[PDB]
Student: 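What follows is a single structure, and I will ask about it in a moment.
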Amino acid sequence: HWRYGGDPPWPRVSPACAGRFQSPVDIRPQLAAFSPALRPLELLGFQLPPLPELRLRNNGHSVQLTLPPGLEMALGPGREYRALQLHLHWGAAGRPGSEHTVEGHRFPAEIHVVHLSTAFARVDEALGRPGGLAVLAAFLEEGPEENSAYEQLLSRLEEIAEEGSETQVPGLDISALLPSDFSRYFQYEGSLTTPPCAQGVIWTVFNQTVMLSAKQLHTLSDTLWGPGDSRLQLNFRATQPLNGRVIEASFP
Amino acid sequence: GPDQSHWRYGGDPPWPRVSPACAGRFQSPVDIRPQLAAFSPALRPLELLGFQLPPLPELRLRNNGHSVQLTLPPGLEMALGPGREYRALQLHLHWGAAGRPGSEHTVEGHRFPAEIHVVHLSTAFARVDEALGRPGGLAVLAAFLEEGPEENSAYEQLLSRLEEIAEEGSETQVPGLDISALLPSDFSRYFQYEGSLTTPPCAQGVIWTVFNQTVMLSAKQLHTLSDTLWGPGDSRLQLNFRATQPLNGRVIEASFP
Ligand SMILES: *[C@@H]1O[C@H](CO)[C@@H](O[C@@H]2O[C@H](CO)[C@@H](O[C@@H]3O[C@H](CO[C@H]4O[C@H](CO)[C@@H](O)[C@H](O)[C@@H]4O)[C@@H](O)[C@H](O[C@H]4O[C@H](CO)[C@@H](O)[C@H](O)[C@@H]4O)[C@@H]3O)[C@H](O)[C@H]2NC(C)=O)[C@H](O)[C@H]1NC(C)=O
Ligand SMILES: *[C@@H]1O[C@H](CO)[C@@H](O[C@@H]2O[C@H](CO)[C@@H](O[C@@H]3O[C@H](CO[C@H]4O[C@H](CO)[C@@H](O)[C@H](O)[C@@H]4O)[C@@H](O)[C@H](O[C@H]4O[C@H](CO)[C@@H](O)[C@H](O)[C@@H]4O)[C@@H]3O)[C@H](O)[C@H]2NC(C)=O)[C@H](O)[C@H]1NC(C)=O
Ligand SMILES: CC(=O)Nc1nnc(S(N)(=O)=O)s1
Ligand SMILES: CC(=O)Nc1nnc(S(N)(=O)=O)s1
Ligand SMILES: [Zn+2]
Ligand SMILES: [Zn+2]
C-alpha cells in the first residue's frame, strides 16, 4: 500500500502519478490569469443538523470525514457537484504541511473537500475524466484565537489515534470550516495528490485562509498514528511543475 | 416513446419530447456579444494535428436529412489546452436559403451565411455515448462561412459532391482532403463557452469554441450548399439551424483582448 516518504514508488502503484499535469503546485499570484468568468462559488446544504452523525476515520494517510448526500456545490452556471468527503494535510513540529504553496510559501496545513460532478453516478466513473472531480482547498494558518469549527474535528482525533480506527461525530456546519470570501480563489486543472493521481481534477484554492490556534495545529499534526507505529505527519505531496498550465484568479 | 430517434427542424415532434435535455437551461447556440466576452489569457492557441489527410483511404460523406456529414478517421488530434486532448469524429454544416443566412451562432445579433462544425471526443472517453452529458466530454470547433469573391478550393471538394447525395439517406465515398484547410487562418483568436449539442439529444457539457476569423465561399458556392440537398419528407434541406438560446448567466470567454 502506498505511503508518504517511501516505497512503493507511486508510478508503480498508478501510472497516472507520473503524468505531466499533477497537483499540488506552487501558486504565483502575479502569474495567475485574471479570469472575469470565474463567479463566486455556491455551496448549499452544508449546514448539517446535529443528527445523523458522520463517520470520522484515520485511514493512515489522513483523517477523513464522510459527508452525506445533499451538499450541493457549483463552480459556475450549470456546473454542479456534490461533496463526498473532506480530509486534511499537515506537517510536524516546526514544519508546515500544506500541499499547495503560494510564492514558495508552505502553510501549516490544508483542508480538502472532494466533490463529484452530478454527471457521474460514482467516483470510479469520474476518475481521469475532465472535471469529473472537483476539490476545494483552503490553507490553515496559525492564529491567536482558537477555531470553533475545527474544534469539532480536532477534539475527536484522540478517539481515532490508532491507524484504521473510526468514530461517529455529531453533525456540524461544514461551510464554517471554509474561508470568508467565496469569490476570491485560484483555479487550475490537475490531479489527485495521492495515488491513483488521476488527472482531470478541477482544483479551486481559496485566496483567504482560516486560522487555528498554535495548540490546535499541534493537535492536528501530533495525535494520529500512521503506518509503521509512527505519528502520521508530513502527509503532503511535493509541489508539481505547472508544465505550461496557467493558473486562473477570480480576482484582479 | 416510439421512434425516439426521429426529429426535424421546423416542426413536430417537440424537441423536449425527443430528449428532455433540449429544454435545459444552458443550451447552444448563443448570440456572442464581443463587448461582454471575458478576456481570458489562459486560453492558448488551438492545436490540430493529423488533419492533413492523404488521397486514400476515402471518407464517407452523407446526407442524413439534417445536414451533410463527413465521417473523419482516427488520428485527428486536437487540444484545447495542455493535457486537454480530443480526437475529431465528424464535421457537418448549418446553412440558410436564398437571401437568408443560416449559421447557428450569431455575433452581436448578426447571422452569417453558414457555419461549419467539427465534433470532437475527449480522449478520456472511449465512446460518444459515455461522453454525452459529461463536462467537456465533447468539444465542437465552429467557424462562420461568409460570402466572398473567390471560390474556396477546400469547400469545393464537399460542395461538388452534394448532387450525388441529394436525397436524404444517400451517401458517397469522397477522396481524402486536408480537413484543416476548411478552417480559419488564426487558431489563437476565438470565443469559448460551455453549452449543449444544437440538435437532439441536446446533451449539455459541450465545450464550444467559435473562431473569431471566418472563411469565405463564393456566392455560387453558398447557393450550391443551400439549394442542392433534400431533407425530411419532401422539403429542401435549408435553414437547418436552431434559434439562439439565452446565455442565462454563462459568460463567454475570449482568447484575445
Ligand atoms: C491572495 O492573493 C493576493 C493578491 O494577488 C496575494 O498577495 C500578493 O502576493 C504576491 C506574492 O507573494 C506579492 O508580491 C510580492 O510583492 C513585493 C512588492 O513589495 C514591495 O517591493 C516593490 C519593489 O521591489 C515595490 O514596488 C512595492 O510597492 C512594495 O513596496 C515584491 O518584493 C515580491 O517580489 C520579490 O520576492 C520574490 C520571491 O519572494 C522574487 O521572485 C522577486 O524577484 C522579488 O525579489 C513579490 O512580487 C504581492 O505584493 C501581494 N499582493 C497584495 C495586494 O497583497 C496573496 O499572497 C494570496 N494569498 C493566498 C493565501 O492565496
Ligand atoms: C471578432 O472579434 C472582434 C473584436 O471584438 C469583433 O469586432 C467587434 O465587434 C463589435 C460588435 O459587432 C463592435 O462593437 C460595436 O462598436 C461600435 C463602435 O463604433 C463607433 O461608435 C462609437 C459610438 O458609441 C464610437 O465611440 C466608436 O469610436 C466608433 O466610431 C458601437 O457603435 C456598437 O454598439 C452599438 O451598436 C450595437 C448594434 O450593432 C448595439 O447592440 C449597441 O447597444 C450599440 O447601440 C458596438 O459596440 C466592435 O467595434 C468590433 N471591434 C473591432 C476591433 O472591430 C468581431 O465582430 C468578431 N467577429 C467574429 C466573426 O467573431
Ligand atoms: C476518491 C477520492 O476522494 N480520492 C482522493 N485521493 N486523493 C485526493 S486529494 N488529496 O487530491 O484530495 S481525493
Ligand atoms: C453525436 C454527435 O456528434 N451529435 C451531434 N448532434 N449535434 C451536434 S452539433 N450540431 O451541436 O454539432 S453533434
Ligand atoms: Zn487531499
Ligand atoms: Zn452542428
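In the text below, chain A, chain B and the rest are named by the order of the sequence lines, each starting its count at 1. All values below were derived from every heavy atom in this structure, side-chain atoms included, with hydrogens, water molecules and symmetry-related copies excluded. Order of appearance sets the numbers: ligands from 1, and atoms from 1 within every ligand. Per deposition record, X-ray crystallography, 2.2 Å.
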Student: Just wondering what drug sits at ligand 4.
Tutor: acetazolamide
Student: State which chain has the largest number of heavy-atom pairs within 4.5 Å of acetazolamide (ligand 4), named as in UniProt.
Tutor: Carbonic anhydrase 9
Student: From which other chains does some heavy atom lie less than 4.0 Å from acetazolamide (ligand 4)?
Tutor: B
Student: Which heavy atom of the protein is the closest neighbour of atom 8 (C) of acetazolamide (ligand 4), given with residue, atom name and distance?
Tutor: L197(B) CD2, 3.9 Å
Student: Got any other ligands or ions under 4.0 Å from acetazolamide (ligand 4)?
Tutor: ligand 6 (zinc ion)
Student: Using UniProt's active-site annotation for chain B, which residue is nearest to acetazolamide (ligand 4) and at what heavy-atom distance (1 Å precision)?
Tutor: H66(B), 8 Å
Student: I need the source organism for chain B from the PDB entry - what is it?
Tutor: Homo sapiens
Student: May I ask you to check if acetazolamide (ligand 4) and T199(B) share an N or O to N or O distance below 3.5 Å?
Tutor: yes
Student: In terms of residue, atom name and distance, what is the protein heavy atom nearest to atom 1 (C) of acetazolamide (ligand 4)?
Tutor: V128(B) CG1, 3.9 Å
Student: Which UniProt domain in chain B is home to the majority of contacts with acetazolamide (ligand 4)?
Tutor: Alpha-carbonic anhydrase
Student: Consider every N or O of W208(B) and every N or O of acetazolamide (ligand 4), then say whether any pair is closer than 3.5 Å.
Tutor: no
Student: Atoms of acetazolamide (ligand 4) less than 4.0 Å from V119(B) heavy atoms?
Tutor: 3 (O), 12 (O), 13 (S)
Student: Could you check which of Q90(B), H94(B), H66(B), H92(B) puts a non-hydrogen atom nearest to atom 3 (O) of acetazolamide (ligand 4)?
Tutor: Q90(B)
Student: Starting from atom 10 (N) of acetazolamide (ligand 4), locate the nearest protein heavy atom and write down its residue, its atom name and how far away it is, to 0.1 Å.
Tutor: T198(B) OG1, 2.8 Å
Student: What is the overlap between the substrate-binding residues UniProt gives for chain B and the residues having a heavy atom closer than 4.0 Å to acetazolamide (ligand 4)?
Tutor: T198(B), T199(B)
Student: Which UniProt Zn(2+)-binding positions in chain B have any non-hydrogen atom closer than 4.0 Å to acetazolamide (ligand 4)?
Tutor: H92(B), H94(B), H117(B)
Student: What part of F241(B), side chain from CB on, backbone N/CA/C/O, both or neither, has a heavy atom under 4.0 Å from acetazolamide (ligand 4)?
Tutor: neither
Student: Which residues and nucleotides from other chains come within 4.0 Å of acetazolamide (ligand 4), counting heavy atoms only?
Tutor: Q90(B), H92(B), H94(B), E104(B), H117(B), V119(B), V128(B), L197(B), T198(B), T199(B), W208(B)
